[PDB]
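Everything below concerns the one structure shown next.
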Amino acid sequence: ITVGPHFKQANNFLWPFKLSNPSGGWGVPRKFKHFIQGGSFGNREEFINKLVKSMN
Amino acid sequence: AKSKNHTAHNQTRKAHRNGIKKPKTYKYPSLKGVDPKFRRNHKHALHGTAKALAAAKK
Amino acid sequence: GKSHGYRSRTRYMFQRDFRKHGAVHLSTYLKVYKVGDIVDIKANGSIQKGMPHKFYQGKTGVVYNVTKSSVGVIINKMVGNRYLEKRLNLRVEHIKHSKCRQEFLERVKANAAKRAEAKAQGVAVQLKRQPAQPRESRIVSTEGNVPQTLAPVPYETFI
Amino acid sequence: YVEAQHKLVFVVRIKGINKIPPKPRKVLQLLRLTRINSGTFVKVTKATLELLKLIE
Amino acid sequence: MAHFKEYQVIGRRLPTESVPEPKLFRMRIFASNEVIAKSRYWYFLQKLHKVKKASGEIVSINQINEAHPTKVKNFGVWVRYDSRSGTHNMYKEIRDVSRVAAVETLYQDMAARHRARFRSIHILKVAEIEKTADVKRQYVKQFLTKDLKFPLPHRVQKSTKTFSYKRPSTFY
Amino acid sequence: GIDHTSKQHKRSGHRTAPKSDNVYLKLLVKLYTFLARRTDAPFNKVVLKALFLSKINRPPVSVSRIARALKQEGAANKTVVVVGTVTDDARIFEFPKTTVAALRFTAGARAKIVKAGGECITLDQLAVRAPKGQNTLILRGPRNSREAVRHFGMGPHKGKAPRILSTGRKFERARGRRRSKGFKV
RNA sequence: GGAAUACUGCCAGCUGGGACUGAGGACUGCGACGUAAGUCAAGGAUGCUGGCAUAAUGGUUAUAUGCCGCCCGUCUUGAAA
RNA sequence: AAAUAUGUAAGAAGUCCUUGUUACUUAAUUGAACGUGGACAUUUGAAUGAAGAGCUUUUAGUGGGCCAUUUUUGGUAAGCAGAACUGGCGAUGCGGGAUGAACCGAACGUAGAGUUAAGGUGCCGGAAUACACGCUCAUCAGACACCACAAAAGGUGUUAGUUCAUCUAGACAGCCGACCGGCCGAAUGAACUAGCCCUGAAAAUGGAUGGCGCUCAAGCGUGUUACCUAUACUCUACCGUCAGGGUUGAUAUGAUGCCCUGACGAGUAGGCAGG
RNA sequence: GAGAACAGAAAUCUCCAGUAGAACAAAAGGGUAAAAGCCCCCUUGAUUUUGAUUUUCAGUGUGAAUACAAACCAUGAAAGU
RNA sequence: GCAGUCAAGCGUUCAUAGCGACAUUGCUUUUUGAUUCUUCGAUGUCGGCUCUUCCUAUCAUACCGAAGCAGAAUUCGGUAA
RNA sequence: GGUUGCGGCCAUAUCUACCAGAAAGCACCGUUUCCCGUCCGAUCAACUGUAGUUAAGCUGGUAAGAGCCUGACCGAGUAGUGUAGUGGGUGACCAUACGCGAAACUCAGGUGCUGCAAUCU
Ligand SMILES: NC[C@@H]1O[C@H](O[C@H]2[C@@H](O)[C@H](O[C@@H]3[C@@H](O)[C@H](N)C[C@H](N)[C@H]3O[C@H]3O[C@H](CO)[C@@H](O)[C@H](O)[C@H]3N)O[C@@H]2CO)[C@H](N)[C@@H](O)[C@@H]1O
Ligand SMILES: NC[C@@H]1O[C@H](O[C@H]2[C@@H](O)[C@H](O[C@@H]3[C@@H](O)[C@H](N)C[C@H](N)[C@H]3O[C@H]3O[C@H](CO)[C@@H](O)[C@H](O)[C@H]3N)O[C@@H]2CO)[C@H](N)[C@@H](O)[C@@H]1O
Ligand SMILES: NC[C@@H]1O[C@H](O[C@H]2[C@@H](O)[C@H](O[C@@H]3[C@@H](O)[C@H](N)C[C@H](N)[C@H]3O[C@H]3O[C@H](CO)[C@@H](O)[C@H](O)[C@H]3N)O[C@@H]2CO)[C@H](N)[C@@H](O)[C@@H]1O
Ligand SMILES: NC[C@@H]1O[C@H](O[C@H]2[C@@H](O)[C@H](O[C@@H]3[C@@H](O)[C@H](N)C[C@H](N)[C@H]3O[C@H]3O[C@H](CO)[C@@H](O)[C@H](O)[C@H]3N)O[C@@H]2CO)[C@H](N)[C@@H](O)[C@@H]1O
Ligand SMILES: NC[C@@H]1O[C@H](O[C@H]2[C@@H](O)[C@H](O[C@@H]3[C@@H](O)[C@H](N)C[C@H](N)[C@H]3O[C@H]3O[C@H](CO)[C@@H](O)[C@H](O)[C@H]3N)O[C@@H]2CO)[C@H](N)[C@@H](O)[C@@H]1O
Ligand SMILES: NC[C@@H]1O[C@H](O[C@H]2[C@@H](O)[C@H](O[C@@H]3[C@@H](O)[C@H](N)C[C@H](N)[C@H]3O[C@H]3O[C@H](CO)[C@@H](O)[C@H](O)[C@H]3N)O[C@@H]2CO)[C@H](N)[C@@H](O)[C@@H]1O
Ligand SMILES: NC[C@@H]1O[C@H](O[C@H]2[C@@H](O)[C@H](O[C@@H]3[C@@H](O)[C@H](N)C[C@H](N)[C@H]3O[C@H]3O[C@H](CO)[C@@H](O)[C@H](O)[C@H]3N)O[C@@H]2CO)[C@H](N)[C@@H](O)[C@@H]1O
Ligand SMILES: [Mg+2]
Ligand SMILES: [Mg+2]
Ligand SMILES: [Mg+2]
Ligand SMILES: [Mg+2]
Ligand SMILES: [Mg+2]
Ligand SMILES: [Mg+2]
Ligand SMILES: [Mg+2]
Ligand SMILES: [Mg+2]
Ligand SMILES: [Mg+2]
Ligand SMILES: [Mg+2]
Ligand SMILES: [Mg+2]
Ligand SMILES: [Mg+2]
Ligand SMILES: [Mg+2]
Ligand SMILES: [Mg+2]
Ligand SMILES: [Mg+2]
Ligand SMILES: [Mg+2]
Ligand SMILES: [Mg+2]
Ligand SMILES: [Mg+2]
Ligand SMILES: [Mg+2]
Ligand SMILES: [Mg+2]
Ligand SMILES: [Mg+2]
Ligand SMILES: [Mg+2]
Ligand SMILES: [Mg+2]
Ligand SMILES: [Mg+2]
Ligand SMILES: [Mg+2]
Ligand SMILES: [Mg+2]
Ligand SMILES: [Mg+2]
Ligand SMILES: [Mg+2]
Ligand SMILES: [Mg+2]
Ligand SMILES: [Mg+2]
Ligand SMILES: [Mg+2]
Ligand SMILES: [Mg+2]
Ligand SMILES: [Mg+2]
Ligand SMILES: [Mg+2]
Ligand SMILES: [Mg+2]
Ligand SMILES: [Mg+2]
Ligand SMILES: [Mg+2]
Ligand SMILES: [Mg+2]
Ligand SMILES: [Mg+2]
Ligand SMILES: [Mg+2]
Ligand SMILES: [Mg+2]
Ligand SMILES: [Mg+2]
Ligand SMILES: [Mg+2]
Ligand SMILES: [Mg+2]
Ligand SMILES: [Mg+2]
Ligand SMILES: [Mg+2]
Ligand SMILES: [Mg+2]
Ligand SMILES: [Mg+2]
Ligand SMILES: [Mg+2]
Ligand SMILES: [Mg+2]
Ligand SMILES: [Mg+2]
Ligand SMILES: [Mg+2]
Ligand SMILES: [Mg+2]
Ligand SMILES: [Mg+2]
Ligand SMILES: [Mg+2]
Ligand SMILES: [Mg+2]
Ligand SMILES: [Mg+2]
Ligand SMILES: [Mg+2]
Ligand SMILES: [Mg+2]
Ligand SMILES: [Mg+2]
Ligand SMILES: [Mg+2]
Ligand SMILES: [Mg+2]
Ligand SMILES: [Mg+2]
Ligand SMILES: [Mg+2]
Ligand SMILES: [Mg+2]
Ligand SMILES: [Mg+2]
Ligand SMILES: [Mg+2]
Ligand SMILES: [Mg+2]
Ligand SMILES: [Mg+2]
Ligand SMILES: [Mg+2]
Ligand SMILES: [Mg+2]
Ligand SMILES: [Mg+2]
Ligand SMILES: [Mg+2]
Ligand SMILES: [Mg+2]
Ligand SMILES: [Mg+2]
Ligand SMILES: [Mg+2]
Ligand SMILES: [Mg+2]
Ligand SMILES: [Mg+2]
Ligand SMILES: [Mg+2]
Ligand SMILES: [Mg+2]
Ligand SMILES: [Mg+2]
Ligand SMILES: [Mg+2]
Ligand SMILES: [Mg+2]
Ligand SMILES: [Mg+2]
Ligand SMILES: [Mg+2]
Ligand SMILES: [Mg+2]
Ligand SMILES: [Mg+2]
Ligand SMILES: [Mg+2]
Ligand SMILES: [Mg+2]
Ligand SMILES: [Mg+2]
Ligand SMILES: [Mg+2]
Ligand SMILES: [Mg+2]
Ligand SMILES: [Mg+2]
Ligand SMILES: [Mg+2]
Ligand SMILES: [Mg+2]
Ligand SMILES: [Mg+2]
Ligand SMILES: [Mg+2]
Ligand SMILES: [Mg+2]
Ligand SMILES: [Mg+2]
Ligand SMILES: [Mg+2]
Ligand SMILES: [Mg+2]
Ligand SMILES: [Mg+2]
Ligand SMILES: [Mg+2]
Ligand SMILES: [Mg+2]
Ligand SMILES: [Mg+2]
Ligand SMILES: [Mg+2]
Ligand SMILES: [Mg+2]
Ligand SMILES: [Mg+2]
Ligand SMILES: [Mg+2]
Ligand SMILES: [Mg+2]
Ligand SMILES: [Mg+2]
Ligand SMILES: [Mg+2]
Ligand SMILES: [Mg+2]
Ligand SMILES: [Mg+2]
Ligand SMILES: [Mg+2]
Ligand SMILES: [Mg+2]
Ligand SMILES: [Mg+2]
Ligand SMILES: [Mg+2]
Ligand SMILES: [Mg+2]
Ligand SMILES: [Mg+2]
Ligand SMILES: [Mg+2]
Ligand SMILES: [Mg+2]
Ligand SMILES: [Mg+2]
Ligand SMILES: [Mg+2]
Ligand SMILES: [Mg+2]
Ligand SMILES: [Mg+2]
Ligand SMILES: [Mg+2]
Ligand SMILES: [Mg+2]
Ligand SMILES: [Mg+2]
Ligand SMILES: [Mg+2]
Ligand SMILES: [Mg+2]
Ligand SMILES: [Mg+2]
Ligand SMILES: [Mg+2]
């Protein structure tokens, strides 16, 4: 979270996270429109937390 | 009868399986295609700087 | 019939620039090229002798030979999947002196001189380059600049 | 107060593994997302920032 | 573009060594969240000044609540929108208890009778109608009259049991 | 589904035990497999791998190749190891002493190794004398000296040699072999 | 002017209902609760009660029902054709 | 003169200091290469990734291809002919598009549970005859990408909007003595725009929004939530494959073993393996 | 463009202007202005030897081409080519 | 092949009763091409005769609207297969 | 600073007009025996620096001058373009999303910089 000097290897040490589908749906009808238009697929900024948490 | 003529389709694909390699360079490259009277005189410049170490070491 | 000869399609490519023609100036002839020099290849139409094939136009390679009027340049082109080693014998009107590596020397040299500053002081080096960064927090003054508020403009025809 | 821009980002790949163009496809591998609904952390820099947005 | 908020969005060109302190610009943006509103901002500013989002930065974003949200108001609405064959301007009047609720019903009307989706609509100006009698559109005027009372005939009551044991009535 | 960045269920190209059935060879491996595992000695790993090699990869190490390696500075007394058979070479004359640990020695090799007063050690004997393989000099025969490796990569302008049954004139010297008939290579 | 409330977000806050799973098989690990003796939910289910031999239960087979299922082989860009 | 695409560099094979060789080179101890001896590491000199890096031999099939988006040539055009890039079909099932080579979603060892994608949730049919604002009445209404067509041109149908003109210096309709006046008391006139609908709109067996049927929809535009279920995602058991690690120091009955760990599993032609 | 016996639209002579608007065998494109054009002077590098390199490419052949080496020549005051 | 739209012009007068140039939007698949997907281990190839049924872009007949319809005749059109 | 021999970049250096130019240098200019070249001492050659001169070449300045060089949230984030959706439209086309982004236009400013050598109120 603090990034910092060894973030490269600290993050690379971490295996990529295997996640389930969002519990309670993706909130949109269609995923592959951009978040600003139709939802998902893009940088949703702080809204990544509500999503990732539901995929956890 | 008539048939296809040419295509490049799928060739980028085939050439990326095992493909695209790299020039596989070494130090001390080959001298191929260098001035002859350089590579002639260059022989004796090395022929002579040999004796220089065939003396110094003793 | 199809026509594939040596200089085909080079019409615009081998043209000299608008209001640049005739004899090539002396900076080109007065340049020195030793082995290992990294040179950019761009042909010159005024000089027909010893000019690159249209492929090597824009390519950059390391000169492997120095002769009377020309320098041999080794270049890497891809055929099928691999790069073979091409070597061209090109005259000096068609050879530039590549600025790609030139700054790297001015980088190393500045790196060694900043090393003596950690030798004579002992602070941390920070030698290797780092890409542009997220920027930072700041404060924007409303003093003398107060946000002026805009709306969208209506539709009107201008002709 | 204009906050510091974010230094740290979390990317979960929401697209399957089928029918992806090479340059995005290679990028998703370099960010270590080769499987759907998987995610990694990424340090935000104009180097990796361009790896995103191309992957968007 | 879902259920609507108002945002003061303030942004500026990036400062340069030549020009520190470039001018701040504010827009009121009706959007469903901060990510759209921020994006919405740059959309119009790129339609006005020479700026990209890449070249600029956003100084602030703040939500704007209605000051008198339980007070009924009459709203003027100025809208530019593209149509199928052309792009034109409109004045509409909406009577509601906030600007959000009014823009909320604005986009539906532009969808219902003009087939105008969000992306093809610019909201040029939305302001409260200061007095009555400055109200132009007659479909608002009807509810401005003194001592206004009307019935709601033919009452249809949603059932729950799928079979009912008497002929229902609408009488209200 | 995964987008695979490398090929699934690929096996490494290297052998595991030999392909040979020789029960004694299979024992020497059982020895040196154990050795290489329970030691720090890298030599045992090296010998273990070299025990799986195929007769093309274990070319004969000539005695003269052993002798010249003892003339190496500082290695003079070391016991030399060859993981394959060792040959006699009449071309030398004065051959030093040492001891040579190999799989097999030709009759001339063995007998002439001892005429200079030296031992032919067999690989388990070498293991007992040198469990960490210390003060050992490992020798390899040439594998590119082979016949078949002369014809490999036979292209135009590659100067290699063609697969050919008879040889002389009349055989593949005319068109393409000289500027006078066709072209040259 | 002093709250309240909404909204978004955090808690290594406390609790109720349902579902599937019990891989492993002496001890070795990391722990936590302990003044201690010791106890535990801490490197994978145990305790308790009952039910079954004219048999519970499981296999096969026939029939029925819900949904599904075009003729293989071949050539072919493409075959139920 | 772009965008996209494109050659090169980002080090220890580095940057330098010195001065030995030669038949080359210079006015020349000038050079040129190649050496001798010596100065400097710690972010060793961008990010990101690496399921390991390099190398060799041999040999199957193939050498009719086709499709989508985009750029693109010939042709009035074609389910036509021909190129470019990528993705696909072929060689591939699965969920969705009723139906379907190529579309959308997702790629497949055997299973359980959870969640989802594309697509849906009146009834056929799993899932709200859900909430919300409007529009639409069609004597073939309409109903959702690819996709299974309709155009110019019209409409005093209805809906919103624009412009210009008149109007509280009281108009416009109406009743009252062309024009004027009294009462009234807020609009009026014309030209337009585009929504839905209507005309435009003619073919041969009887018939197809998939089907019934639906009219404040079960239609069209828009918003907000709940819900349904793929061979996909998450958790776990089991089979196999590949990889890494431990282990006859033993005490039987297998060291090709026994044991621990991680990842992976589509397939025609074809190759190889174990049976 | 402005100027001279016959001499006229067209003969030969002059001056000024002239970035190539001409010429360079030919197709077309590129290139060239104290030249690559016009004109004159001298010559036979359109020669000997034998390798390397580029295009096409399988990195075979062939055609054409580029930079050298070793000779022996042409040209010029020369550097050069 | 069939039919729209604009309406310069025709029709004594008079665009549109009936017509209609320049243009322009279409439909149709009883024309001919274009193509080469299906069929070359075979789908009997012209016309007629016979018989059924469907289409409507209506020749007649039923009921109508329009006319440059006095009557008579004719012409344009609607519901009509 | 002027000036010249050789220059580098090769218009901020070119074009057109009109003025100004001390010192030195450059020229213009006098000469036709000799080498030399032409139809023609015009160009080329040689002699002289003596007979003459800034009129020109040349160097500067001036021009709401031509052209050229430069700048800018000037126009323009326009044209175009990379990526995206089961976006809109019968179509032709078009919008939106994440990015890259001109040329014309316009306003504004500028009109050679400089190397080695020599020389001069
Ligand atoms: N610095 C110790 C070195 O030890 C070396 O010898 C010993 C070991 O260090 C070396 O071990 C292997 C080596 O065989 C092989 N060729 C390379 C491998 N990286 C080495 O391993 C080494 O590095 C790995 C990875 O970092 C470590 O896990 C390991 O402990 C370490 N010994 O092999 C020898 C034991 O088998 C050399 N004598 C020399 O380089 C030096 O003395
Ligand atoms: N060893 C047995 C002998 O081998 C002989 O063959 C070997 C040589 O004698 C034979 O060489 C021939 C030779 O036959 C003949 N009489 C003279 C000829 N110049 C030689 O040829 C030689 O030069 C040519 C190129 O010119 C090469 O191709 C060849 O390899 C080389 N050996 O090539 C073989 C070696 O490579 C005979 N074929 C055979 O009958 C006889 O029994
Ligand atoms: N990135 C630095 C690298 O250093 C490398 O240098 C490596 C080698 O060149 C050098 O090797 C030397 C060798 O030159 C010399 N002729 C023999 C000497 N025994 C070797 O030494 C090396 O190997 C031995 C044996 O395993 C080890 O014991 C020892 O630790 C090691 N320094 O040892 C270095 C490794 O320790 C290379 N120059 C190159 O790859 C690169 O510059
Ligand atoms: N040709 C014979 C060779 O000459 C060499 O010397 C010749 C050059 O290599 C040597 O030059 C050296 C150079 O070697 C070395 N690597 C770098 C050094 N800067 C050079 O020095 C040079 O430049 C400096 C000024 O910078 C001058 O004062 C000096 O005279 C000059 N030679 O100067 C000589 C002429 O330039 C060495 N003596 C040697 O390798 C050998 O004898
Ligand atoms: N459910 C039927 C609806 O009509 C569609 O299909 C319609 C078209 O195929 C067809 O339209 C044709 C037109 O192509 C062709 N010119 C012949 C016919 N006179 C027209 O029919 C049309 O008549 C008029 C307009 O002309 C319309 O009012 C009427 O609704 C429409 N049927 O009429 C069909 C029925 O209306 C689709 N089957 C379906 O997607 C849609 O829901
Ligand atoms: N022949 C004696 C009498 O004359 C009658 O007179 C009829 C004819 O003179 C004339 O009829 C014409 C006919 O000549 C011609 N061949 C065919 C045309 N369609 C008919 O036309 C008439 O009749 C048709 C059908 O009834 C009507 O639709 C039409 O309006 C009418 N003008 O117009 C009269 C009817 O309008 C009839 N022929 C007949 O029935 C009657 O007994
Ligand atoms: N003739 C019919 C069709 O015309 C099309 O023409 C298209 C092209 O000429 C041009 O499209 C360009 C495209 O070429 C270029 N490579 C990318 C660019 N974004 C497109 O732009 C176009 O389409 C986008 C789509 O969202 C619109 O937003 C945009 O306004 C429009 N100018 O504009 C047309 C579409 O607006 C295509 N050539 C092809 O589909 C087909 O030929
Ligand atoms: Mg749920
Ligand atoms: Mg959905
Ligand atoms: Mg839905
Ligand atoms: Mg949860
Ligand atoms: Mg969860
Ligand atoms: Mg053929
Ligand atoms: Mg073919
Ligand atoms: Mg052909
Ligand atoms: Mg391979
Ligand atoms: Mg051609
Ligand atoms: Mg150019
Ligand atoms: Mg250019
Ligand atoms: Mg030539
Ligand atoms: Mg950021
Ligand atoms: Mg990462
Ligand atoms: Mg950044
Ligand atoms: Mg927010
Ligand atoms: Mg502006
Ligand atoms: Mg306004
Ligand atoms: Mg308009
Ligand atoms: Mg108004
Ligand atoms: Mg309204
Ligand atoms: Mg718009
Ligand atoms: Mg009820
Ligand atoms: Mg009841
Ligand atoms: Mg009842
Ligand atoms: Mg799998
Ligand atoms: Mg060797
Ligand atoms: Mg060798
Ligand atoms: Mg050779
Ligand atoms: Mg032989
Ligand atoms: Mg011959
Ligand atoms: Mg020949
Ligand atoms: Mg108070
Ligand atoms: Mg207060
Ligand atoms: Mg809360
Ligand atoms: Mg507690
Ligand atoms: Mg158990
Ligand atoms: Mg414990
Ligand atoms: Mg305790
Ligand atoms: Mg304790
Ligand atoms: Mg304890
Ligand atoms: Mg019991
Ligand atoms: Mg049973
Ligand atoms: Mg079925
Ligand atoms: Mg067959
Ligand atoms: Mg067939
Ligand atoms: Mg076929
Ligand atoms: Mg096939
Ligand atoms: Mg075909
Ligand atoms: Mg079949
Ligand atoms: Mg020396
Ligand atoms: Mg890594
Ligand atoms: Mg093969
Ligand atoms: Mg073949
Ligand atoms: Mg074939
Ligand atoms: Mg086809
Ligand atoms: Mg087809
Ligand atoms: Mg189609
Ligand atoms: Mg075809
Ligand atoms: Mg095609
Ligand atoms: Mg392309
Ligand atoms: Mg595709
Ligand atoms: Mg496939
Ligand atoms: Mg598939
Ligand atoms: Mg299906
Ligand atoms: Mg369909
Ligand atoms: Mg399907
Ligand atoms: Mg898609
Ligand atoms: Mg149901
Ligand atoms: Mg939909
Ligand atoms: Mg349709
Ligand atoms: Mg059809
Ligand atoms: Mg229509
Ligand atoms: Mg219309
Ligand atoms: Mg209308
Ligand atoms: Mg009207
Ligand atoms: Mg109206
Ligand atoms: Mg008014
Ligand atoms: Mg009225
Ligand atoms: Mg009005
Ligand atoms: Mg039909
Ligand atoms: Mg129907
Ligand atoms: Mg449907
Ligand atoms: Mg019905
Ligand atoms: Mg119905
Ligand atoms: Mg339904
Ligand atoms: Mg609706
Ligand atoms: Mg609900
Ligand atoms: Mg499963
Ligand atoms: Mg193992
Ligand atoms: Mg398999
Ligand atoms: Mg596979
Ligand atoms: Mg198989
Ligand atoms: Mg097979
Ligand atoms: Mg088996
Ligand atoms: Mg002229
Ligand atoms: Mg011109
Ligand atoms: Mg010539
Ligand atoms: Mg030409
Ligand atoms: Mg030209
Ligand atoms: Mg010129
Ligand atoms: Mg010379
Ligand atoms: Mg017809
Ligand atoms: Mg008339
Ligand atoms: Mg009339
Ligand atoms: Mg015809
Ligand atoms: Mg066919
Ligand atoms: Mg046919
Ligand atoms: Mg048949
Ligand atoms: Mg046939
Ligand atoms: Mg038959
Ligand atoms: Mg028949
Ligand atoms: Mg017959
Ligand atoms: Mg016939
Ligand atoms: Mg009809
Ligand atoms: Mg009729
Ligand atoms: Mg008739
Ligand atoms: Mg009349
Ligand atoms: Mg008549
Ligand atoms: Mg008659
Ligand atoms: Mg008719
Ligand atoms: Mg009938
Ligand atoms: Mg004179
Ligand atoms: Mg003179
Ligand atoms: Mg003067
Ligand atoms: Mg000017
Ligand atoms: Mg300037
Ligand atoms: Mg579309
Ligand atoms: Mg954009
Ligand atoms: Mg870029
Ligand atoms: Mg820029
Ligand atoms: Mg000037």
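Note on naming: letters A, B, ... go to the chains in the order of the sequence lines (proteins, then strands), and numbering restarts at 1 for each one. The displayed model is a subset of the deposited entry, and contacts were enumerated within the subset. We read in the header that X-ray crystallography, 3.3 Å was used to get this structure. Atoms within each ligand, like the ligands themselves, are counted from 1 in listed order.
In this entry, more contacts with ligand 5 come from one chain than from any other, and the PDB entry calls that chain 25S ribosomal RNA. The drug candidate or drug found at ligand 5 is named paromomycin. Lab note - other chains with heavy atoms under 4.0 Å from paromomycin (ligand 5): H.
Heavy atoms within 4.0 Å of paromomycin (ligand 5) belong to H:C140, H:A141, H:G142, H:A143, H:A150, H:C198, H:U199, H:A201, H:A202, H:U209.
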